[PDB]
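Here's NADH-ubiquinone oxidoreductase chain 1 with proguanil bound to it.
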Amino acid sequence: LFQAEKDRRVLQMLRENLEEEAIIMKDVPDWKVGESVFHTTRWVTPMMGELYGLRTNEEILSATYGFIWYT
Amino acid sequence: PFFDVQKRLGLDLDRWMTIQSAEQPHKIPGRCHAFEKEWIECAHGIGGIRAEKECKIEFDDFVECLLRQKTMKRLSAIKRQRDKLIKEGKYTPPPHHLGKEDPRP
Amino acid sequence: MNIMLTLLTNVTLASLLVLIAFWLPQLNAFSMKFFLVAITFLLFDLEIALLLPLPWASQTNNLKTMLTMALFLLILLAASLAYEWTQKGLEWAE
Amino acid sequence: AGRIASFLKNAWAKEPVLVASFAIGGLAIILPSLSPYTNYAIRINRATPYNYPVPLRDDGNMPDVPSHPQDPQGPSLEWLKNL
Amino acid sequence: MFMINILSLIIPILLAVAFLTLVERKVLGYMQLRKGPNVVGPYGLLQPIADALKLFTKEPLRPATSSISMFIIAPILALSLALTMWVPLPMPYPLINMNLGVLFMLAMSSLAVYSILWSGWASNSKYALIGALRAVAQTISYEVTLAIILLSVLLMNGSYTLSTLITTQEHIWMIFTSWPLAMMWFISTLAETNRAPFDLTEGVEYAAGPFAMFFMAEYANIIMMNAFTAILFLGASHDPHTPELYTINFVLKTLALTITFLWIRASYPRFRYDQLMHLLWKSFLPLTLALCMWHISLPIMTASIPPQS
Amino acid sequence: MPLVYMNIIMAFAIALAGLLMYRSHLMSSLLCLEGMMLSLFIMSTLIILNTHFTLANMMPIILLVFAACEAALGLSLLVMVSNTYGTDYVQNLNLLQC
Amino acid sequence: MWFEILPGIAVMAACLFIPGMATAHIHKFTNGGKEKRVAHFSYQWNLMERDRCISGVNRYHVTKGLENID
Amino acid sequence: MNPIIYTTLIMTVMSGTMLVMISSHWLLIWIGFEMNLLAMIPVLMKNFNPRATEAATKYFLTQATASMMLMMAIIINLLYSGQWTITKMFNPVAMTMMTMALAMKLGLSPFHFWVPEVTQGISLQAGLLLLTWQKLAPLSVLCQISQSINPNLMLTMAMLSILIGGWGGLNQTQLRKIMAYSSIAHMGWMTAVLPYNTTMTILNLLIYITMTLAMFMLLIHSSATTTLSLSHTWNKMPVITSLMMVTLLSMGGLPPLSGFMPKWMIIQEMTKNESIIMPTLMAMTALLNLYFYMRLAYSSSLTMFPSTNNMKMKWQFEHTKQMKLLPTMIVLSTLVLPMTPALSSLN
Amino acid sequence: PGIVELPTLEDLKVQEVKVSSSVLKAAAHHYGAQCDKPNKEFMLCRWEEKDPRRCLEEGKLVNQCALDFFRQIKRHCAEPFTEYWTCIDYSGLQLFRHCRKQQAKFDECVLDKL
Amino acid sequence: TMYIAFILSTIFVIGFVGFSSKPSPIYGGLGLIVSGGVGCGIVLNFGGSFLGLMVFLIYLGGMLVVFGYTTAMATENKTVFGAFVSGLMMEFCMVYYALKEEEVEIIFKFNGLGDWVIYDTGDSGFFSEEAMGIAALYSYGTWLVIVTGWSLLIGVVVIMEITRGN
Ligand SMILES: CCCCCCCCCCCCCCCCCC(=O)OC[C@H](COP(=O)([O-])OCC[N+](C)(C)C)OC(=O)CCCCCCCCCCCCCCCCC
Ligand SMILES: CCCCCCCCCCCCCCCCCC(=O)OC[C@H](COP(=O)([O-])OCC[N+](C)(C)C)OC(=O)CCCCCCCCCCCCCCCCC
Ligand SMILES: CCCCCCCCCCCCCCCCC[C@@H](O)O[C@H](CO[C@H](O)CCCCCCCCCCCCCCC)COP(=O)(O)OCC[N+](C)(C)C
Ligand SMILES: CCCCCCCCCCCCCCCCC[C@@H](O)O[C@H](CO[C@H](O)CCCCCCCCCCCCCCC)COP(=O)(O)OCC[N+](C)(C)C
Ligand SMILES: CCCCCCCC/C=C/CCCCCCCC(=O)OC[C@H](COP(=O)(O)OCCN)OC(=O)CCCCCCC/C=C/CCCCCCCC
Ligand SMILES: CCCCCCCC/C=C/CCCCCCCC(=O)OC[C@H](COP(=O)(O)OCCN)OC(=O)CCCCCCC/C=C/CCCCCCCC
Ligand SMILES: CC(C)NC(=N)NC(=N)Nc1ccc(Cl)cc1
C-alpha cells in the first residue's frame, strides 16, 4: 500500500511542478516544458529538488532534514 | 605493472568493491545502478578506445545521474524566472506551492 | 535541532557561571616513556575503531567469516600488546 | 607430560591473569567450530526478512513455490518456533 | 517545552552534585567514626550552600603568566561536557533519543580529556604541566580499556541504543551475565574519574570560582558514570504505563553505586603511578581482550544473536 | 557539483599550501598534513553517502586508520629530531645538502 | 547515628527523580497522553509523516481509524 | 635491529609493492603505498645517526605529501566517474594530480632534491633498496595509467629530470649523490619513453636496476663512499676497480655495452612517432652523465692515486662477506646487447 | 532530449486509506493474508515494469482491497479492533508484545465472524 | 533550506585558514579541533551518523590528543595575520562568486542551488544503509581487514624500533 501511495504522490507532485513550469516559462524564447535531461526514455527517479523546488521552505526543510533532526 | 593474480587464481580481493552495481549487502541498490549497468554492458568487450568513442550516450547519462549538473541548471533557471516574475508581481504561486493544501498519504 | 539547542544551552550556562564566578570578586581596581604511551594508545584506539562495527556484523549470513575476521583482529591486537610487553615498551623503570 | 604440567603449575601460581586470559581466548577460538548451534544461528540470520519478498511470475512449472503465504509449500519456521 | 525539559535535566544535576559533596563528607565521617557536618544546617543540610557562597565570594588568583583563553575555556568545556552526557541516558525515556548513544558517550569522554591538558598548559608552570601529562596518560589508557569493555558488553544488546539495553535487561542482569566485565568496568571508571585509589593528581593553580567549576564537573561525571553503570549492568524492569517505578529504581541504583564509590575511597590506600599503569596494560587489557573474544564467540556458538531492531 | 564540495576542496588546497609553506616548526607541518586527511575524509564520505555506495562506506575508516598510523610515524620522527637537536625547528635539518 | 546520612541521600534522590519524571510527563503532555514515537529508521519516519498527513491537523499523534475511513 | 625484525620489514616493503602491482583498486594501491612507506622508514633509520634521522624525516614528509595528493586525485576521479578500478582516469585535473604525485614519489624534477639528500643521508644498502624498489612501484602505477598521461607535462618533467641529473652529477663529489643524480637522469629517460611504449619503459627499468645493483654492490665490496676513498681500491683489489670502470662505461650508454640498448630502443620508439627534437636533446644531454662517470673512472681505474701505509695490513687481511649475484649483475650490465630482441619476451 | 510523459491529475485520484500507522499495524497480518493477491500483483508489476506510471491500476486495486478489508472488519469486530489498535498506539515502538490480550480478543472475534 | 551546510562548510574553511596560518602549534591544534568538529557536524547533517561519530571519537580523542600531548611536553607575528586575512578574503570572494552565479572560472565548475536539491528521495527500511555497509567489512572486505591489521602491527613494530635510539 505504501509503495502505491508513494508512486501516486510522486506523480501528482511531478504533474503540479510541470503545470507550474508551463505557466511560468511561457515567454522564454526556447524552453520546452517537461523536457528531460537524459538521452534515454527509461523512467528516472525524481530528485528531491525536482519535487520540492517550488514549494515552501517549511516543507523543504521537513522533507530534507526531518528524519535526521528527529531525536 | 599489473600482474593479474586475481584473474589468474579466480580471487575477488577488490573486484567486489570496484563498482557500485555489484552485489551489495541486503540487495541495497545504488543511486545510479541502472545507468552504470547500461554503461558497463555497452562498453564491455570492445576495448577502451571504442568504449570511449561509442558509449558516449551511456557515459553522459551516468555522469548526469551522478552529478545532476543539467537538472540543477534547469531548476535554477526556473527558480530565477519565477523570482523575476514575482518581483514584478505578474505571476502568483498556486495555493499548494503557497502552503495551503492537503498532502498525500 | 534539539541536540544543537541542548549543546547551546549547556555551553551558555557554563559560560555564564564561569563569568559570574570570575567577576563577582573582581568588582573593581621530551620524556620518551610518556611519549610511547600516547603512540600505543593511538594505535590501540585505531584497533578499537576497526572493532567498533561488531554488533551489526553479527547479523550477516557469513557468520563463520565474520567470526574469523573478528578473532583475527583481536589476535593481532593481542600480538601487538605481547610484542610491546616483550620488547619492554610498557616498562616504567626510568 | 611432567614438563608441561610443571609449566602450567608455575604459570597458575605466577601469572594467573595471563593463564585465565589465554584459556578464555583458546575456548573462544575453538568452541564455535565444535558446536551444533552455529548452523542454527546462521539459519536464524538467514530467516530474518529485511527486503520485500518480491513474487515470481507463475509459469506452471513451480511446484515448490507457494501460490499463497499460507500454502504448505515454501520455507517453514517451525524449527525457530520451537527453539 | 523542550527548554523546560533541558532545564529540568540540568539544574537537579547541579543540586545533586552539591548534596553529593555533603553526603560524601558525612559518609566518610561515619566510616572514620566521626560525625560529619551537622552544624551549619539541620543535620548539615546547608554545607554545600555555604561552600558555594564562599567559593563565589572568594578572591581569585589568576596568574599573570597564563593564557587567558585556555584558562577560561577549560572549565567551560569540562562543565559543558559533564552536563552534555546526561541527554542520551534513558530514565526511562531519554531527552534526546539517539540511535547511537554509546558512541556519543565515548566521544564526549574523549573530548572531556582535553580539559586536564588545557588547564595544565594554561598555568605555564612546569610541575602542574607534568602532573597534567601524567593524568592525561592515565585517562587515555583507561579510555582504551573502557572502550573495549563497552564494545564487549553491547554484543549481547544488538545495537548502540540504551532503550534496547533496557529491553535486553528486562529479564535478568548484565551483571549476572558478564560480571568480570562489570568488575573491570567499575575499576576503569574509578581510574577515569580519578577517584581513590587512582587520585594521583591530588595525591592546584585554580582557586575560588573556577575551582568550583572543575569540582562540579568531576562530581557530575562521577554521577553520570554510576548512572551509566547502573543502566548497563543493573537494568530495571520498565512498565510503559507507570514509568515512575523505573525512575525510582534507577535513582536508587545510581545512589548505591555512588555510595560504593565513596566507600571504596574511604577504604583503600593509593596506587602508585607506574603500579596503576601496569595494572591496566598487564592485568586488565589481556583479560579484556580474552573476554571480548569470548563475548564475540558466545552468541554464534549458542544461537543467541540479539536482534538489530 | 554543489558548493559544499567546492568548500571541501578549497580547505584541502589551503591545508596543502600551509604544509608547503613552513614557518618555524615541524609540528605545524604535521598539523597541516592532518588537516588534508580530514578534508579527504569529509569529501569521501559525502561522495559515498550521496551516491548510496553501500560497500564503499568502509573506505573512509581505512583511510582514517592509515593516516593516523602515518601521523604516529611522523610524531615519532619529530620527537627523535627534537631529542637530537633541542628544538623541533626545521632549520636544523640542513646537514644534508643538494 | 548512621541514619543522619539519610537526609542528604533523600535530597539527592529527590533531585535525581526530577529529570526522568519531568521528561516522561513532558513526553506524555506533548503527544496527547501517549509515549513519544521513536523514529529510529526511515520506515518509522515515513509512518509518522503519513500519520501527520492523514490527521491533517499537522499532529502525528492525532490518530484516525474506522470512523475516519467510513 | 634484530635480524627477524629487519627481514620482516623488508618483506613488508616487498609485500606493499606487490600489492600495489597486483591491485585493481585505487584504495588498495594507496594502502600498498602507505604500507611501503611505513615499513621503509626504519630501513632508512637502521644505522642511527643525525644524518640518517634527517634523511628519514625528509623522506617521510615527501612521501606523505605525495600520498595525500594521490588520494585527493583518487577522490576527484571518483567524484566525476564513480569508479574505483585503475583505468584511464576520467578527469583531467585528477590525472594531473595523480601524475604530479607519482612524479614526486619517483623523484622526477622539480621534485628531485630529496633524492640526493636522502641518498647521502642513508647507507649504501638503504640507498640501493630505496632507488630500486621505490622506483619500481610508482612506475608500475604509471604504466597502468599510461593512456591518460598528458604527454606535454610528462615529457617536460622527463627532460627537466635529465638536465638536472646531468648537472648535479657534474658538480657532485660524493658517490651516493652521484648515484642519486644518475637515478634521476635514468628516471627521466624512462618517463620520457613512457607515454609511447611501456615495454620500452620496463626494459629501461630492468637495465637500470641491473646496473645500479652492480655499481652499489661494488661500492659496498670496496667499502668506499667518496671519490678519494675509492681512489685507494687499486692498491688492495684492482679487479674491482676494473669491473667498476666497465660498469661506469655501460651506465654512460657507450656501445657495445648493455647501457646503450635502452637509449637505442627509446630513441627508435620516439622517432617512430615523428618525434626527433626530444630524442636528439635527450641523447645529447646524456654526455654530462658520461662525463662525470668518466671523471669517476679516472680516479679509480685508469690512474693510480697515492696510497697509505696501513694498506699493507689491508693486503694481509682478506674480504669475508660474499655478495650475492654480483658476477651475474656485472655480466648482465655489460654483455647483453646481442640479446636485445628479448624485449618481445618482455612485452 | 524528449518530453517526460506524466499522467494527469484526474486519473491520480483514488479514495485513500485514511487510517493511522497504529491502525494499519494492528490489522497487518490479517490484511496481508486477505489482500495478498492484489498486493502481490502490484509488487510484481512494479518490479517488472520499473516504472510507476505503468502500474497505476494495480495501485487502485490495492487501495480498493484495503478499503473492502477495513469495511469488513468494521462491520463485525469494530470494538475489539478499536481496543487492539488503541493498545498498540500507546507504545512508542508500537510493539505487539504489550497487547497480547487485545490481540487475542481480536483474533477470536475475526475467527468466529469472518 | 537556510544554507546550513554551506555555513558549516564556510566555518570549516575559515578554521582551516587559521590553522594553516599557524600562529603557534597549540593554537593550530585548537583550530584543527574546531575544524574537525565542524566537519563532523557537516557529515552528521548530511546523514552519516556512524562515520561522523567515528571521526569525532578517533580524530579528536586519540589523534589530536596525542598531538597536543607531544606539543605540551615540549613548550619550545604579522605573517600569520596577513595569511589569515588573505585566506578569509579568498574564501569570501569565492563564496560571493558562488552565491551570485555559477563559479565556473575555477578549475572545477560549481552550481549552487541547495544541498537539499542534491539529495535523493530514496529511503531504506528497518536498517541503516551506512551501518550495514560499514559492517560489511567482515562479511566482505576480508582482504582489507588482513592488510589493515598487518599494517597496524608493522606500525607498532616501526614505532618501537625508531624510538629505540642507539
Ligand atoms: C573546545 C573544543 C570544541 C570542539 C568542537 C567545536 C565545533 C563544534 C561544532 C558542533 C557541530 C554540531 C553537529 C550536530 C548538528 C546537528 C546534527 C543532527 O541533527 O544530528 C542528529 C544526530 C542524531 O543522532 P544519531 O546518530 O542517533 O542519529 C540517527 C538517528 N536519527 C537519524 C533518527 C536521528 O545527533 C547526533 O549525532 C548527536 C551528536 C552530535 C555530535 C557533534 C556535536 C558535538 C558537541 C560537543 C563538542 C563541542 C563542545 C564545546 C563546548 C564548549 C567549548 C568552549
Ligand atoms: C555506605 C555503605 C553502603 C552499603 C551498601 C549499600 C547498597 C546495598 C547493595 C549492595 C552493595 C552495593 C552494590 C552495588 C549497587 C547495588 C544496587 C542494588 O542492588 O540496589 C538495591 C536497591 C535497588 O534494587 P531493587 O531490588 O529495588 O530493584 C529490583 C530490580 N529488578 C526489578 C530488575 C529485579 O537499591 C538500594 O537498596 C539503594 C541503596 C542506596 C540508597 C540508600 C538509601 C535508601 C535506603 C532504602 C530506601 C527504600 C525506600 C525508597 C523509596 C521507595 C518508594 C516506593
Ligand atoms: C590460493 C593460494 C594462495 C597462495 C598465497 C597464500 C598466502 C598469501 C598471503 C595471504 C593471503 C590471504 C588470502 C585472503 C583472500 C580472502 C578471500 C578468501 O580467503 O575467502 C575468504 C574466506 O574466509 C576464510 O575464513 C579465510 C579468511 C582469511 C584467512 C584467515 C586469516 C589468514 C591471514 C593471512 C595473513 C596474516 C598476516 C599476519 C600473519 C601473522 C572470504 O570469504 P568470502 O568468500 O568472501 O565470503 C564467505 C563465503 N564462504 C563462506 C564460502 C567463505
Ligand atoms: C533542592 C535544594 C534545597 C536546598 C535546601 C534543602 C534543605 C533545606 C533545609 C532548611 C531548614 C531550615 C533552616 C533554618 C535555619 C535557621 C533560620 C534562622 O535561624 O535564620 C534566620 C535567617 O536565615 C534565613 O532567613 C533562613 C534560611 C532557611 C533556608 C532557606 C532555604 C535554603 C536555600 C536553598 C538554596 C538552593 C540553591 C543552592 C544549592 C547549592 C535568622 O533568624 P534570627 O535572626 O536568628 O531570629 C531570631 C530567632 N528567633 C526568631 C527564634 C528568636
Ligand atoms: C591450571 C590452569 C587450567 C587451564 C589451563 C589451560 C591452558 C592455559 C595455558 C596458559 C599459557 C601460559 C601463559 C603464562 C606464561 C606467561 C609468561 C609469564 O609467566 O610471565 C612472564 C612475563 C611477565 O613477567 P613481568 O612481570 O612482566 O616481568 C618480571 C620481571 N622480573 O610475561 C610476558 O613476558 C608476556 C607474555 C604474554 C603477553 C600477553 C599479552 C596479551 C596476550 C593475552 C591475550 C589473550 C588472547 C587469546 C589468544 C590465545 C590464542 C593465541
Ligand atoms: C611550592 C610551589 C610555589 C612556587 C610556585 C608558585 C608561583 C607563585 C608566584 C608568586 C608571584 C606572585 C605573582 C603570581 C600570581 C599573580 C596573582 C595576581 O595577579 O593577583 C593580582 C591581584 C591584584 O590585586 P586585585 O585583586 O586585582 O585588586 C584589588 C587589590 N586588593 O592580587 C594581588 O594583590 C597581587 C599583587 C602583587 C602580587 C605580585 C607581586 C610579586 C610579583 C613579582 C614577580 C614574581 C613572579 C613569579 C615568577 C614565577 C617564576 C619564577
Ligand atoms: C575535596 C574537598 C576540597 N571538597 C569539599 N569538602 N566541598 C567543596 N569543594 N565545596 C563545594 C560545594 C558545592 C558546590 Cl556546587 C561547589 C563546591
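In what follows, every chain begins at residue 1, and chains take the letters A, B, ... in the order their sequences are listed. The structure has been trimmed to a portion of the entry, and contacts are counted only among what remains. Whatever order the structure lists them in is the order used to number ligands and atoms, beginning at 1. Determined by electron microscopy, 3.1 Å, according to the entry header.
Across the structure, proguanil can be traced to ligand 7. Other chains having non-hydrogen atoms less than 4.0 Å from proguanil (ligand 7): E.
In this structure, residues within 4.0 Å of proguanil (ligand 7) (heavy atoms) are E:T21, E:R25, E:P48, E:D51, E:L55, E:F215, E:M216.
In this entry, no covalent bond from proguanil (ligand 7) to a chain is modeled. According to the PDB entry, the source organism of chain E is Sus scrofa.
Segment by segment, following UniProt's transmembrane list for chain E from the N terminus, the ones with a heavy atom under 4.0 Å from proguanil (ligand 7) are 1, 6.
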